[PDB]
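Numbering, chain A: per the PDB entry, residues 1-90, 92-156 in sequence. Order of appearance sets the numbers: ligands from 1, and atoms from 1 within every ligand. Just so it is clear, the values below take in all heavy atoms, side chains as well, and ignore hydrogens, waters and symmetry mates.
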Amino acid sequence: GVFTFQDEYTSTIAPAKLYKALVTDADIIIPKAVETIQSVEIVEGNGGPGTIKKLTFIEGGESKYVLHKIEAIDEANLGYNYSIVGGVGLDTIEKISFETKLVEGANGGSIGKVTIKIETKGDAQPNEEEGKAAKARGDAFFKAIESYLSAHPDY
Ligand SMILES: COc1ccc2[nH]cc(CCNC(C)=O)c2c1
Ligand SMILES: C/C(=C\CNc1ncnc2[nH]cnc12)CO
Ligand code: NA
């Protein structure tokens, strides 16, 4: 099966600055800003499409990681696409991909848009509890970056 989900975030912060924190300087900023993420490292690649990143985090008190493959990175248009290609545990989920953009919000602020595509085996459905947890993580993520940027404008 194929399933899509959308989310939206608003910030007072300007889109190019948010994008620099979220994407360009993600390897430095994300482990600083996000209290449940310890490190963000390049496993392979030069930063462009194909690059594999390893994000190490703590969940339920245990150290885990997830691998992201960069699929598209377009700073001109504040776009960033990636998919999840590995990590700890397992199972019904063949693939989960993300399309993200930042656009001009209010007045000079932003809106962050994320489309999530989930491919499953057969007529398996995406697990609702796991989706709720992921959504909550997304919200907390975007909030933590905003907070950190507010406290550190000229980094
Ligand atoms: C949570 O919401 C958003 C919204 C717009 C976005 N643009 C770029 C990203 C970051 C995507 N990187 C990771 C490691 O998740 C982003 C996230
Ligand atoms: C891009 C994001 C997180 C990276 N992945 C995770 N970050 C933190 N906890 C997790 N539990 C499962 N996956 C994760 C949003 O937190
Ligand atoms: Na951290």
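The chain sharing the greatest contact count with ligand 1 is, according to UniProt, Class 10 plant pathogenesis-related protein 2B.
At ligand 1, of the options clonidine, clavulanic acid, diprophylline, amprolium, melatonin, the drug present is melatonin.
Summarising the contacts of atom 4 (C) of melatonin with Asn81, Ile112, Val115, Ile70, the nearest heavy atom is found in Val115. Close approach of melatonin to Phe142 is summarised as follows: ligand atoms under 4.0 Å from at least one heavy atom of the residue are 1 (C).
Of all the heavy atoms of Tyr9, the ones lying under 4.0 Å from any atom of melatonin belong exclusively to the side chain. Annotation for melatonin: atoms under 4.0 Å from non-hydrogen atoms of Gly139 are 1 (C). Neither the backbone nor the side chain of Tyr19 comes within 4.0 Å of melatonin, counting heavy atoms alone. Of the listed residues (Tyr80, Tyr82, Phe99), the one carrying the non-hydrogen atom nearest atom 15 (O) of melatonin is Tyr82. For a threshold of 3.5 Å applied to N or O pairs, the pair formed by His68 and melatonin contains no separation below that value.
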Using a 3.5 Å cut-off on N/O to N/O, what pairs does melatonin make with the protein? A line per pair would be great.
| from | atom 1 | to | atom 2 | distance (Å) |
| --- | --- | --- | --- | --- |
| melatonin | 7 (N) | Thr101 | OG1 | 3.2 |
| melatonin | 15 (O) | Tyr82 | OH | 3.3 |

